[PDB]
Amino acid sequence: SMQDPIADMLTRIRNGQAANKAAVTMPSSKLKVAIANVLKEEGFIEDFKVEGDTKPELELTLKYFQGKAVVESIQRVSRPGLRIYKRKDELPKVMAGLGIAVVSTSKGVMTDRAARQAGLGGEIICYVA
Amino acid sequence: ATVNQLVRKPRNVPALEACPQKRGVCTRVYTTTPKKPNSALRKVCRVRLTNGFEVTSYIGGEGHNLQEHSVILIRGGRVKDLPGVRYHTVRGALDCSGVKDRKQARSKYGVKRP
RNA sequence: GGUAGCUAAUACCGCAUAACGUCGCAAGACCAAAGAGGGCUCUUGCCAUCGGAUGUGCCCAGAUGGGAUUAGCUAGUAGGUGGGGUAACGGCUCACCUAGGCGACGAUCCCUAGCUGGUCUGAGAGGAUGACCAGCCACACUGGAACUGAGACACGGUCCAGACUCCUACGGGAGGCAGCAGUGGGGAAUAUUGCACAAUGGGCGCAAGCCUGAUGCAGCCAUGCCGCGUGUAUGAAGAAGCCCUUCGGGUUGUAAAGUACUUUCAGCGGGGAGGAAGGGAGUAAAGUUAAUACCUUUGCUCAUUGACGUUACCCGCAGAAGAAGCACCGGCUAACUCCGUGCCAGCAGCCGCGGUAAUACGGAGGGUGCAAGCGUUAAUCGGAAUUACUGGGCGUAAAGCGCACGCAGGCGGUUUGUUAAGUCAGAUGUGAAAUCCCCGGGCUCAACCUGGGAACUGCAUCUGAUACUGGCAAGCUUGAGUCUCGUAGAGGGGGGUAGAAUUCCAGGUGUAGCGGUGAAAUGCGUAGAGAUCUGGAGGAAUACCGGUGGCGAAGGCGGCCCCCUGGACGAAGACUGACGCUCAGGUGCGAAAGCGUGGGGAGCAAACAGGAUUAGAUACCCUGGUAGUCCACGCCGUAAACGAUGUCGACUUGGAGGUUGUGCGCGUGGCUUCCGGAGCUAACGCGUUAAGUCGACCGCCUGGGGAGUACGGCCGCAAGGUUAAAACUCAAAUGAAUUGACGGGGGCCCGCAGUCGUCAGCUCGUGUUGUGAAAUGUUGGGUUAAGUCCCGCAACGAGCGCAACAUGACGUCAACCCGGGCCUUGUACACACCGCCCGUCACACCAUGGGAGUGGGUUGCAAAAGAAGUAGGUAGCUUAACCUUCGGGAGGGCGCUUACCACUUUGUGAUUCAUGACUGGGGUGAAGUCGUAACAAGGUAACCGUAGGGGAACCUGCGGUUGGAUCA
RNA sequence: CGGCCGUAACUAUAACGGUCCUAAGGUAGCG
Ligand SMILES: CN(C)[C@@H]1C(O)=C(C(N)=O)C(=O)[C@@]2(O)C(O)=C3C(=O)c4c(O)cccc4[C@@](C)(O)[C@H]3C[C@@H]12
Ligand SMILES: [K+]
Ligand SMILES: [K+]
Ligand SMILES: [K+]
Ligand SMILES: [K+]
Ligand SMILES: [K+]
Ligand SMILES: [K+]
Ligand SMILES: [K+]
Ligand SMILES: [K+]
Ligand SMILES: [K+]
Ligand SMILES: [K+]
Ligand SMILES: [K+]
Ligand SMILES: [K+]
Ligand SMILES: [K+]
Ligand SMILES: [K+]
Ligand SMILES: [K+]
Ligand SMILES: [K+]
Ligand SMILES: [K+]
Ligand SMILES: [K+]
Ligand SMILES: [K+]
Ligand SMILES: [K+]
Ligand SMILES: [Mg+2]
Ligand SMILES: [Mg+2]
Ligand SMILES: [Mg+2]
Ligand SMILES: [Mg+2]
Ligand SMILES: [Mg+2]
Ligand SMILES: [Mg+2]
Ligand SMILES: [Mg+2]
Ligand SMILES: [Mg+2]
Ligand SMILES: [Mg+2]
Ligand SMILES: [Mg+2]
Ligand SMILES: [Mg+2]
Ligand SMILES: [Mg+2]
Ligand SMILES: [Mg+2]
Ligand SMILES: [Mg+2]
Ligand SMILES: [Mg+2]
Ligand SMILES: [Mg+2]
Ligand SMILES: [Mg+2]
Ligand SMILES: [Mg+2]
Ligand SMILES: [Mg+2]
Ligand SMILES: [Mg+2]
Ligand SMILES: [Mg+2]
Ligand SMILES: [Mg+2]
Ligand SMILES: [Mg+2]
Ligand SMILES: [Mg+2]
Ligand SMILES: [Mg+2]
Ligand SMILES: [Mg+2]
Ligand SMILES: [Mg+2]
Ligand SMILES: [Mg+2]
Ligand SMILES: [Mg+2]
Ligand SMILES: [Mg+2]
Ligand SMILES: [Mg+2]
Ligand SMILES: [Mg+2]
Ligand SMILES: [Mg+2]
Ligand SMILES: [Mg+2]
Ligand SMILES: [Mg+2]
Ligand SMILES: [Mg+2]
Ligand SMILES: [Mg+2]
Ligand SMILES: [Mg+2]
Ligand SMILES: [Mg+2]
Ligand SMILES: [Mg+2]
Ligand SMILES: [Mg+2]
Ligand SMILES: [Mg+2]
Ligand SMILES: [Mg+2]
Ligand SMILES: [Mg+2]
Ligand SMILES: [Mg+2]
Ligand SMILES: [Mg+2]
Ligand SMILES: [Mg+2]
Ligand SMILES: [Mg+2]
Ligand SMILES: [Mg+2]
Ligand SMILES: [Mg+2]
Ligand SMILES: [Mg+2]
Ligand SMILES: [Mg+2]
Ligand SMILES: [Mg+2]
Ligand SMILES: [Mg+2]
Ligand SMILES: [Mg+2]
């Protein structure tokens, strides 16, 4: 059964980029939208939008630069079978700072850089580069 | 292996008894043929050690002085072309004499300096 | 030791006193003490109570080895009430009451073990480890016990017992180095029967001081770490002597000598810190005080205290004098020659080296690396991502349970609220010192010593945050499920029935053969077979349809009809509201063979018999033929039970089919087959039915063997299944693919069918393909005597051959039959089929299973036993302190007795170790014997399970698999 | 429900072979 919707979102992006899809759609959730917001603000995806009400669908517009997909890697870190939490000092650097780690903190989902500047740890959702 | 599986279930010289040498008494002294592709009369001896283990030991160098009831110091070291020979005799220790007329690698054959 | 007498106290005992003490609700009641010293005064001690500090006892949580081939354990056991007990809570103890308590988050049992700070290794995470130094614990000849005491159940105390050993007048007595030194013993291996309390600390003492094997030092040992020396400069004669040499020379080697010098360290002789603070003397003033006393304190001055020690260190003397070795030089790996040897002698970490020109053995010359050390062995981590948390795998290399259901467990769609367990933030406390690290400081430097910091990643508590996870509450419909209508199907169970055929029986016709094979023979037949026709009996299986077809969880399921019954799928809604996924253990299903009981038995056919074949033929072939194959019921629980591919979910270009629904040629579902894209893969290949990209959960792997074996457990009627090691042994085993060669594989051709061979081959450059060995070209369609020529073609060209003008390509042999060419295919071959290779048997050695038994260790259970001690009781005996009416009394002691309990004894189990006639296989070891099972279609395709048979590999039956060649 | 003789790279033994004969030469197990 479906036991990790976030890993599914990341995979839809990974597989979408590898297949040169313009957009990818999926069942929405508040956490998926929170992650989509971070990906947009850091410039990994172009745009997102939620459509529906009873069964909302999240669409992500993927971005390509010089033919190549911009999301070169995207990996689930914390997962249902093994949750991963880090203190502020132990927050991971992705690609020596050139990538992002998405972190769920008590002040919402944000990048590792924003968590570190806010002085927060949290759950490491995924690495993006 | 999954994390849950690991949580449930996590990941040649025996007669010396982890000593550098052992003393022993020669119970038989003989020659034996090496395995293929080698040919020689290789000088060995069965040795009962002070800990009660009986083992075959190799006698190295050119010419030896060991009988039955000779008291020798063995060390680790197999002889590749004698299966089941896992120990060497120390030359120039206890009864076992130094090799006669050696001039190079003298300290390996118990030979005092000319 | 005993007896009698005598004597002191800070020994001992009342009495008095008695409250911020004890008991008590209160009223009350009750409890202590010691003096000594200096000259009344000071100092010190004594008692009580409440505090401090320190030490110690006790409780809780988490953490701290291995084993399930230990799953149940527990009766003071778990809790309660009350009495007792302790410094103190407490089953600590006892009586009674309740029937609890512990355990898969591993109790109980077994094995190993002192724990920690740290230490070694490692980039880290880990792994290994706990010697020295410091914290904690435990023990003191062995077992037990208490006494004294603030503290002990006491290392150099007591008592008892035991095992030892020693003194004795034989009656009895004595002892405990795991203090320091030392001895014997064990061992590969670990030091002097030293000096001193001078320093630091400890005991006692007002102090002086005494004691202190703590400690400070010295001795021994290259055991380690660190520092220094063993000369320095010059010096061609390129001396001899080496060694090598194409005899030119080269190299050692400026090396030596010779000549200038230097003198650390060692030796010898002279000077000289520091570790010494203090303590002792009278004097100085002030404070206590009747006092300018004694005492206290601080100053004051004078002597004096060092085990180390002939100290560190300094100065002087003499002279290169007294001081260099060890390993290595085939690759890995820094360093090469000659001589000796000739698969010998020997080397070896691994691969290997040695059979007459050995950089590998042994010596030498030269060289390389380390250096007062160097090597070797042992041991740990590393490299090893080779147990993979960080950080691995499972189609074919080792690895997906045969398939399913499912409890525990893990995981969990979406929204809101709440909570704040996880998580996060901050603060506080703690995290000993040493060690590590950083910046400094001190020994001439270094090692070493040392100041401050950082660190100690942790733990706890408090206060906050609320995204995510969890809890709780309320929902939602998208996952999952229910209902309605219909569809296809060898899905299952039961019963019936049909037609074809085989065999048999009866009878007719008919007459000499039939049957069988490579060829035969056995066999059947004139007692009439075989053939043919008619009638009958009986069993088993269902031609065609039929299909990479369908159904089933898998195993599996096939004529037709009925009865009972399971699942799947589609359409259109409605309904429930996360009800889900996975699943250790558990449970069920599970081909064929096999087993049990009862039936059945046509055909087929293990075994078996005969006939052949063959060197033999326990086979293949032939003629027969029993179990079995069939049915009922029960068991077995395994297969190459395979897609060699676990289940569930999501996502990611295409093409061509099959099958089965359904909506309007065009859609849309389910199941299924082939090809192929990205991607993935060692490659082969896989490729929306993934071996791609992800998530959840499970199963499984960790070199080849030994071995899926032994032992133990469980299961089974048995056969056996299941769980599952170790010693030992090798440096490989293995997968995929490549070039050859080879095939009793295929296709196509050729030849009277030195060498192969006058065969038509063999190669290269550049380009391209492949991770790569390699490939392409050179293959293909034709044609030729010919890689001859033409045409096509990721190849484009070129060379040697052919041809042309006897001529022998590159190389090989360390010279239907035969030979050869081209393409393709299988291969376990590469010494290339004259290949490789299997098992019994024989011999040697090694480890090991079973085994009548034999000898120990540990331990359960049931009893016996009862030293000493402590406690309880007490007819007897006895008595310093208190009381007394002087008779005694209270209280005590002894003895006796009871309880608990050590030694020890007996019986009976368990477990473990050692050993054992004999017996089973296993492993290793150039060239043994018997065959030839496997690899090619391996000459009968191979293999899996099972059964039977056989000297051995194996053979045969039944079902299964392709991991089988062949088809022109 | 059998004789005879030979045969393994140390011996020893004989998995093996030959030979003769039988209706068939005693299997498993046990000794
Ligand atoms: C100690 N431990 C529990 C061992 C273990 O883990 C085993 C295992 N399969 O994992 C055992 O089999 C193990 O439990 C076990 O049973 C062992 C043995 O049975 C034997 C036997 O019977 C004979 C010789 C050697 C062994 C052994 C060394 O393999 C034993 C090892 C045992
Ligand atoms: K050799
Ligand atoms: K108790
Ligand atoms: K109680
Ligand atoms: K540790
Ligand atoms: K003891
Ligand atoms: K005391
Ligand atoms: K002292
Ligand atoms: K891992
Ligand atoms: K929450
Ligand atoms: K479950
Ligand atoms: K039959
Ligand atoms: K390839
Ligand atoms: K599983
Ligand atoms: K092994
Ligand atoms: K080429
Ligand atoms: K061929
Ligand atoms: K044996
Ligand atoms: K035994
Ligand atoms: K065969
Ligand atoms: K078989
Ligand atoms: Mg007193
Ligand atoms: Mg009183
Ligand atoms: Mg085990
Ligand atoms: Mg076992
Ligand atoms: Mg009580
Ligand atoms: Mg308690
Ligand atoms: Mg111990
Ligand atoms: Mg590492
Ligand atoms: Mg210790
Ligand atoms: Mg430990
Ligand atoms: Mg006391
Ligand atoms: Mg004592
Ligand atoms: Mg003592
Ligand atoms: Mg001692
Ligand atoms: Mg000894
Ligand atoms: Mg003394
Ligand atoms: Mg080199
Ligand atoms: Mg030579
Ligand atoms: Mg080692
Ligand atoms: Mg490792
Ligand atoms: Mg691996
Ligand atoms: Mg295989
Ligand atoms: Mg395999
Ligand atoms: Mg399977
Ligand atoms: Mg299931
Ligand atoms: Mg959730
Ligand atoms: Mg919290
Ligand atoms: Mg510390
Ligand atoms: Mg919540
Ligand atoms: Mg049906
Ligand atoms: Mg039936
Ligand atoms: Mg059957
Ligand atoms: Mg039967
Ligand atoms: Mg037949
Ligand atoms: Mg037959
Ligand atoms: Mg199996
Ligand atoms: Mg099958
Ligand atoms: Mg199949
Ligand atoms: Mg399998
Ligand atoms: Mg199907
Ligand atoms: Mg494909
Ligand atoms: Mg077995
Ligand atoms: Mg078993
Ligand atoms: Mg060619
Ligand atoms: Mg040509
Ligand atoms: Mg061509
Ligand atoms: Mg010519
Ligand atoms: Mg040709
Ligand atoms: Mg045995
Ligand atoms: Mg008694
Ligand atoms: Mg064969
Ligand atoms: Mg065959
Ligand atoms: Mg085959
Ligand atoms: Mg088997
Ligand atoms: Mg047979």
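Within every chain, numbering begins at 1; the chains are lettered A, B, ... in the order of the sequence lines, protein sequences first and strands thereafter. Order of listing sets the numbers, starting from 1, for every ligand and every atom in it. Hydrogens, waters and symmetry mates play no part in the numbers below; they use all other heavy atoms, side chains included. Only a slice of the deposited entry appears, and the contacts counted are all within that slice.
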Inset, instruction - Please tell me which drug sits at ligand 1. - result: tetracycline
Legend entry - Top contact chain of tetracycline - most pairs under 4.5 Å, the PDB entry: 16S rRNA
Inset, instruction - Find all other chains that place a heavy atom under 4.0 Å from tetracycline. - result: C
Inset, instruction - Tell me which other ligands or ions sit under 4.0 Å from tetracycline. - result: ligand 24 (magnesium ion), ligand 25 (magnesium ion)
Inset, instruction - Name the residues that contact tetracycline at heavy-atom distances below 4.0 Å. - result: C:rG67, C:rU69, C:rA710, C:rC711, C:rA724, C:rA725, C:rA726
